[PDB]
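Pictured: Aminopeptidase N, co-complexed with Bestatin.
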Amino acid sequence: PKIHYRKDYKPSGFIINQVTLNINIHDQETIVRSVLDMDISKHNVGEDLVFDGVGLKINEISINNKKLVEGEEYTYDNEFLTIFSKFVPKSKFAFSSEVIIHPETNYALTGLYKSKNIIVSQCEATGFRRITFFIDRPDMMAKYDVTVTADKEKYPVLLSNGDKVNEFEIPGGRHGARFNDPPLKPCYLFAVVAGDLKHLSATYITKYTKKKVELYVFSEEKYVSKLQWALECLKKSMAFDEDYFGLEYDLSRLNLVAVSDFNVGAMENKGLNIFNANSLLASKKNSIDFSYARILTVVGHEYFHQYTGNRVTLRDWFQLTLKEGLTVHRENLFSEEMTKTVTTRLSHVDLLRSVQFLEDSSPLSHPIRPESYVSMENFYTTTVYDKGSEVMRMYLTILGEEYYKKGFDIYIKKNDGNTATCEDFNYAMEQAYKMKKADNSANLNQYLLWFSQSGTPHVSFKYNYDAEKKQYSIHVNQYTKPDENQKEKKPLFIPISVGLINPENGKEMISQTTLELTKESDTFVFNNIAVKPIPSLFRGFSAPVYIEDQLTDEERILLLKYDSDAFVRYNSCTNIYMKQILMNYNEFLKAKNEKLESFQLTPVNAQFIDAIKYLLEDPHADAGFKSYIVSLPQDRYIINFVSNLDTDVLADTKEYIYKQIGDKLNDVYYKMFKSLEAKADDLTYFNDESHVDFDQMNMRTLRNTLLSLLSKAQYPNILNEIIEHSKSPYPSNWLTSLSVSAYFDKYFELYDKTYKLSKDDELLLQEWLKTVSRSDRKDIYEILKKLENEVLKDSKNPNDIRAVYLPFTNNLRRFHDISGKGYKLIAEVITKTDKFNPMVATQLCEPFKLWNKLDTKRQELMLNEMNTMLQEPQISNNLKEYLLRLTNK
Ligand SMILES: CC(C)C[C@H](NC(=O)[C@@H](O)[C@H](N)Cc1ccccc1)C(=O)O
Ligand SMILES: [Mg+2]
Ligand SMILES: [Mg+2]
Ligand SMILES: [Mg+2]
Ligand SMILES: [Mg+2]
Ligand SMILES: [Zn+2]
């Protein structure tokens, strides 16, 4: 297993200037003819010409139209084609090959593959080498001339990058299309699509150049009607990049294509973006609300790559966060502007502090720019994406909008036609920083540590107020725990967005202030502070850190009620919950350990419960925000604060806290559930495909959250409400009715009802599967067996497999059954999947990421399953690397 190191980057001894491809798709095989117009680079030292080429069947290879002989002139080991240096020309030459590949049986969904009746490619990161020979790395920029031929009846629509310059008939019912893409691109941005695709189309006229852009969105015939929202999202994305960044689309056409079998959400192939159907297709009748936000995000994200990824590309894969982190940041800005709801930012924070913080405190912890990799397919992590995005967002927080935009424009203008590194971006931002600070001595050298240092910083506070002096002091400390990547951690440049709230009237006491913490600790003093304030810290979640506010619950309640910042209010609530959780957890644990016949639990703070009620009864307050306040922190957030987490004890802890709050608030919950119905379930625009109301969907979120709380509580006659909810036209509602009926004898009645409603839409059926998988059923293991036998069967569709198994892994009480049967189940699924799709197999390992954080027995059980998986003779390099790193081998 070859380990690739960041420090080892060297430019290639070769140049590829032109790629000329002929892709001939037949019934049982695809023939790929390729001519590479090549040259020797200034870095050449007379080395062998080595091409990446994985799983290719060689018919012939040639140099300058002279056929090469195997053994004497070249060797091929199914991974690398080595042409011995003595046979390699010293000037410009043509390398040519004809290879056979088999998309029909390509179940790994990388390279060229078949998804139902569509032939499609996926080349990022190292997939192009599965199509034809190449020096398969992003710094190898080339021009592409691509011809695709296929049966006309089966594959009437042929697509690749660039302009379609010819279409022709071929004897035997075949046809071809030629595509020429003159601008240079890395091979990971190559794509081809062939199928019986239907489309919706629109024309977009750019803001400044006034260029007409053809927008096409494609799917199989059955689902073409579900493409309208994606089209709207694309227009919105183009508009936002123009309006916020002054960036226009540079090409004549943009194609988006939905496929059923896809390893991730989507891929930004230049002018030919390819999507998991679940991230492009939606309808109000056949999609849950989440689909709308999801499509907006994914279409936006892949569109924003056109500049940050496509036009400015990566020098090497270690720079991944430069395109992924930056593009997530760009999508976040976009979505915040489109949705106009505080929940957009809140949801991103919620994900980071649960999923990413877990990763960063696990054996898998890495910086956003890792120092090494074995498998690129394992590199696309929440750290690279989500911490990367927070690192990119901090530049905006530090600089402000005006100077951030200046620095971003500097980055684009300077790097537009070329590859780039993280230092290039930091450099552009530093120029803006120099201009903002009004001195050319200012730098961001310390900021680079955000790229190189792994682990989550802990930021803690102490306060002082002198009433006589009207002087307030905030003393701040930062600390990152040593880990496997750095023994010595260094202080980071941490921007702390702060406000000061007057506890007497809830008013702001100071103007917008961002404290720049650049040392291990610092004291920030404020004069003319008339009364002792309550500090509002890390507004907007201004740095990706553990915040230790050292506030009392009284102070936190005041922020929750009266602060201006959504995040600080949300976080204050989070902190109140966390203090309660830790206390009750310890109480339950002590009782368990000591085998106590009786014991006491600390009740939930009554003024906190009053504050929740206050917020819930406020008409001005955001419905999405309300759904967060009535929900305890994510289990994966909680686990970062507990050693040897006993999952049964945590389940008991949550149960107690919810019961405590419900015992006081259930009547309020019910009243709200009923009063929200009219606006939440409004059908006025149900048949308007383009009318999307994020506030209304948040209202449904709140309703469904409250229904869940009331169902768990066995609120009197709530089954009546559940049954009526099942009759709603909105899948978010009727699928909720299924999940919440888990606590009632009518579960299987609704199981059958909702299955019938879901079965005839591929994506809706997958949503139903997720809903069943996540159902709080005592017989969940029996239900999963039913799903396997009756619905899933031997599907190799990643969406199907992920839907059945992943939501179940969030069942705290059942997945972590002390017998280890949950761990055994998922391990079996991972191993089975690894046989045909190593990438998805590694995704299915997610539950195991917290293995060393659990109680000693569950640690042992999880480790056993991981060692068992590692012992499988046929284990992929993908899965092996991941599990070796996770188990600290
Ligand atoms: C972040 C989300 C909006 C979408 C996300 N997609 C991406 O980030 C794409 O731009 C990625 N460039 C696609 C990708 C992901 C993993 C491995 C190879 C290729 C995905 O999950 O597919
Ligand atoms: Mg093969
Ligand atoms: Mg406009
Ligand atoms: Mg988001
Ligand atoms: Mg299917
Ligand atoms: Zn991306």
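The residues of chain A that appear here are 196-1084 by the PDB entry count, in order. Read the numbers this way: they start at 1 and go in the same order the structure lists the ligands and their atoms. When the header is checked for method, it gives X-ray crystallography, 1.6 Å.
- The location of Bestatin, copies and all, is ligand 1.
- Site of Bestatin (ligand 1) with heavy atoms closer than 4.0 Å: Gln317, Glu319, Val459, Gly460, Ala461, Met462, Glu463, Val493, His496, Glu497, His500, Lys518, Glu519, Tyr575, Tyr580, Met1034.
- A heavy atom under 4.0 Å from Bestatin (ligand 1) is present in the following residues that UniProt lists as binding peptide in chain A: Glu319, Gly460, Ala461, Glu463.
- This PDB entry assigns chain A to the organism Plasmodium falciparum.
- Every atom of Bestatin (ligand 1) with a heavy atom of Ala461 under 4.0 Å away is listed here by number and element: 6 (N), 7 (C), 9 (C), 11 (C), 13 (C), 22 (O).
- Near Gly460, meaning under 4.0 Å from one of its heavy atoms, Bestatin (ligand 1) places the atoms 20 (C), 21 (O), 22 (O).
- Looking at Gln317 next to Bestatin (ligand 1), no N or O pair under 3.5 Å apart turns up.
- Those atoms of Bestatin (ligand 1) that come under 4.0 Å of a heavy atom in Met1034, given as number and element, are 16 (C), 17 (C).
- Here the heavy atom of the protein found nearest to atom 6 (N) of Bestatin (ligand 1) is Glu497 OE2, 3.1 Å.
- Listed by number with element, the atoms of Bestatin (ligand 1) under 4.0 Å from a non-hydrogen atom of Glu463 are 9 (C), 10 (O), 11 (C), 12 (N).
- Structurally, no covalent attachment point of Bestatin (ligand 1) is modeled.
- The distance from Bestatin (ligand 1) to the heavy atoms of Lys518 drops below 4.0 Å at these ligand atoms: 12 (N).
- In chain A, UniProt Zn(2+)-binding residues less than 4.0 Å from Bestatin (ligand 1) by heavy-atom distance: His496, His500, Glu519.
- When only interatomic distances are considered, the shortest N/O to N/O separation between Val523 and Bestatin (ligand 1) does not fall below 3.5 Å.
- Bestatin (ligand 1) has an N or O atom lying under 3.5 Å from an N or O atom of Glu519, backbone or side chain.
- For a threshold of 3.5 Å applied to N or O pairs, the pair formed by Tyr575 and Bestatin (ligand 1) contains no separation below that value.
- Set against the non-hydrogen atoms of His500, the atoms of Bestatin (ligand 1) under 4.0 Å away are 10 (O).
- Measured from Bestatin (ligand 1), other ligands and ions fall under 4.0 Å in these cases: ligand 6 (zinc ion).
- In the vicinity of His496, heavy-atom distances shorter than 4.0 Å reach the Bestatin (ligand 1) atoms 1 (C), 3 (C), 7 (C), 8 (O), 10 (O).
- For atom 19 (C) of Bestatin (ligand 1), the closest heavy atom belonging to the protein is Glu319 OE1, 3.4 Å.
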